[PDB]
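Here, aciclovir is shown bound to Deoxycytidine kinase.
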Amino acid sequence: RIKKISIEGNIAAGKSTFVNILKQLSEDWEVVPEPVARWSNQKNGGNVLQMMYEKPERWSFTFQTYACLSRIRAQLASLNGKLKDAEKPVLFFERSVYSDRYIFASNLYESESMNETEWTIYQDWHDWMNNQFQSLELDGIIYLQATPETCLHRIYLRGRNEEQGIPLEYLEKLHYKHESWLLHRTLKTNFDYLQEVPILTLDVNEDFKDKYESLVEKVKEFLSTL
Amino acid sequence: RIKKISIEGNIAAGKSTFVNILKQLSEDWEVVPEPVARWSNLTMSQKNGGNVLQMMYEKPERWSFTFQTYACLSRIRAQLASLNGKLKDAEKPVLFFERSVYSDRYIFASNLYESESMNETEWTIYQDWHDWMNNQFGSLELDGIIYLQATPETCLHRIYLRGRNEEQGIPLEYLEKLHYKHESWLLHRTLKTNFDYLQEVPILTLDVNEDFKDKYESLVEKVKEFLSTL
Ligand SMILES: O=c1ccn([C@@H]2O[C@H](COP(=O)(O)OP(=O)(O)O)[C@@H](O)[C@H]2O)c(=O)[nH]1
Ligand SMILES: O=c1ccn([C@@H]2O[C@H](COP(=O)(O)OP(=O)(O)O)[C@@H](O)[C@H]2O)c(=O)[nH]1
Ligand SMILES: Nc1nc2c(ncn2COCCO)c(=O)[nH]1
Ligand SMILES: Nc1nc2c(ncn2COCCO)c(=O)[nH]1
């Protein structure tokens, strides 16, 4: 019954900003915040992130596993309780277990922070988790598209250190992974329904926090197409 | 309708012998062997288990979390497939599980945490991964437990007897630790778990010290005695 739409975007692209604004506009509009963000600054979540920063080749499996499990737990609790009640309920997933795997876990394998066996076991469990703990299927995706330069700027326009603004080439790689997944629909996934799911792309390069009506108009009619 | 019964015991107790004896006796009895015994000797599962088995023997404080999480998932999958994917049919259906999600957690994992092969974060993560899942999925709760009790010396003797290498045995001291953990769970019942039907689950304890390959009738009789009380 409850509508489910994940917000996607590269690091610091403006998802939390967008999702916090989106939730304020309707009592029908509810959100599930991303577990990774806020693990920075429960105890298990602080630890893995720091070690993962300190040494990605040791903790990427452990981290990627606990993050996807945290997201699933979170997304069930606001589904099996929160808002509805509501007349036309929509639940905005701040990121998803698809970008958990096909963006972040995948990048870590590709910079050799997980070896082949970590990454196959991860990819196996992923299926088994999504298949057992089913009704998480998205009806739409909203992609907040931005240039890697904008995100580089926005990481700086936030709070750098502790997190820091990493390489621009690291942002380009996640950019091209986001573009290849959401803009071009070429990434092949085990979850067949994804090819048959609507995507709203949003050029978020221009600043929006005090001027976002045009973005919400696009979101409201995208919602109407569902 | 299916009875779910675990076969537990120290390493080289003869769990795998015993379960392979019980499967030959009754049409209503079936076996779910150790996913982890098929990783000693083409299905990425075996490719992955094969690889995480050796890495673990080569570096336990690097690999304990990954091995333990993988073993438990594989066992959960094997229990789910055997169960609602078998013979029923059957008059008095019984499924023996060779070990359980519970030896995985309170024998092996806990032992690895006590030995610094997992840090606090890992052990805590493992535990809420195990807590969450065996409540979400797990049908696999048990109608009973059978306790095959041997001494660590019989166990080390039998480790030697089996095959060794990539499975191996070595320390008599380690077997002693595991042997002690099984008593607290299954014989004194002082080991309190995160599962409260388990403080109260019926437990059959079979002394398997003396070889039972050619003399198993009295043990099988007790099992039968035990099942028809469940
Ligand atoms: O239109 C925008 C969107 C974001 N930001 C800033 O960029 C930083 C990162 O944005 P956010 O946390 O929302 O990014 P996320 O990682 O959640 O996508 C924050 O300081 C925002 O204030 C901005 O100045 N204008
Ligand atoms: O009554 C017995 C039971 C066990 N074995 C041998 O003990 C070894 C270890 O047994 P198993 O692998 O079944 O022990 P498990 O790990 O399954 O408890 C094997 O080589 C068995 O053939 C034996 O000689 N006599
Ligand atoms: N959303 C998300 N972020 C991750 C993951 N792994 C590492 N990060 C880094 O998060 C900080 C930037 O979003 C993951 O699996 N999901
Ligand atoms: N059956 C089983 N064997 C394990 C496990 N972990 C390691 N091994 C292999 O045995 C050596 C440690 O006792 C486990 O969780 N289950």
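The chains are labelled alphabetically, A first, in the order the sequence lines are listed. Chain A uses the PDB entry numbers throughout; the residues present, in order, are 20-60, 75-166, 168-260. Residue numbering for chain B follows the PDB entry, covering 20-60, 71-167, 169-260 in order. Ligands are counted one by one from 1 in listed order, and the atoms in each one are counted from 1 as well. Side-chain atoms are counted along with the backbone in the values below, which use heavy atoms only and exclude waters and symmetry mates.
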Just curious, which ligands or chains go with aciclovir?
ligands 3 and 4
Heavy atoms under 4.0 Å from aciclovir (ligand 3): which other chains do they belong to?
A
Which residues count as the binding site of aciclovir (ligand 3) under a heavy-atom cut-off of 4.0 Å?
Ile30(A), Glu53(A), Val55(A), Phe96(A), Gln97(A), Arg104(A), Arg128(A), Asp133(A), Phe137(A)
Can you pull out the closest protein heavy atom to atom 2 (C) of aciclovir (ligand 3)? Residue, atom name and distance to 0.1 Å, please.
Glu53(A) OE2, 2.7 Å
Could you identify the single nearest non-hydrogen protein atom to atom 13 (O) of aciclovir (ligand 3) and state the distance to 0.1 Å?
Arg128(A) NH1, 2.6 Å
I need the closest UniProt active-site residue in chain A to aciclovir (ligand 3), with the non-hydrogen distance rounded to 1 Å - can you help?
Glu127(A), 6 Å
UniProt-listed ATP-binding residues in chain A closer than 4.0 Å to aciclovir (ligand 3) (heavy atoms)
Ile30(A)
Any of the residues UniProt assigns to substrate binding in chain A within less than 4.0 Å of aciclovir (ligand 3)? Only heavy atoms count, please.
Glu53(A), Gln97(A), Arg128(A), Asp133(A)
Show me which atoms of aciclovir (ligand 3) lie under 4.0 Å from any heavy atom of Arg104(A).
1 (N), 2 (C), 16 (N)
Which residue and heavy atom of the protein sit nearest atom 11 (C) of aciclovir (ligand 3), plus the separation:
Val55(A) CG1, 3.9 Å
Note the single closest protein heavy atom to atom 3 (N) of aciclovir (ligand 3), along with its residue, its atom name and the distance in Å.
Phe137(A) CE1, 3.0 Å
Which of the numbered atoms in aciclovir (ligand 3) are under 4.0 angstrom from any heavy atom belonging to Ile30(A)?
12 (C)
Atom 15 (O) of aciclovir (ligand 3) [closest protein heavy-atom partner, distance rounded to 0.1 Å]
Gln97(A) NE2, 2.3 Å
Are there any protein N or O atoms under 3.5 Å from the N or O atoms of aciclovir (ligand 3)? List them with distances, or say none.
{"residue": "aciclovir (ligand 3)", "atom": "1 (N)", "partner": "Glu53(A)", "partner atom": "OE1", "Å": "3.4"}
{"residue": "aciclovir (ligand 3)", "atom": "1 (N)", "partner": "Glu53(A)", "partner atom": "OE2", "Å": "1.7"}
{"residue": "aciclovir (ligand 3)", "atom": "1 (N)", "partner": "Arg104(A)", "partner atom": "NH2", "Å": "3.2"}
{"residue": "aciclovir (ligand 3)", "atom": "3 (N)", "partner": "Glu53(A)", "partner atom": "OE2", "Å": "3.4"}
{"residue": "aciclovir (ligand 3)", "atom": "6 (N)", "partner": "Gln97(A)", "partner atom": "OE1", "Å": "2.4"}
{"residue": "aciclovir (ligand 3)", "atom": "13 (O)", "partner": "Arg128(A)", "partner atom": "NH1", "Å": "2.6"}
{"residue": "aciclovir (ligand 3)", "atom": "15 (O)", "partner": "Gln97(A)", "partner atom": "OE1", "Å": "3.4"}
{"residue": "aciclovir (ligand 3)", "atom": "15 (O)", "partner": "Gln97(A)", "partner atom": "NE2", "Å": "2.3"}
{"residue": "aciclovir (ligand 3)", "atom": "15 (O)", "partner": "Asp133(A)", "partner atom": "OD1", "Å": "3.3"}
{"residue": "aciclovir (ligand 3)", "atom": "16 (N)", "partner": "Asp133(A)", "partner atom": "OD1", "Å": "3.1"}

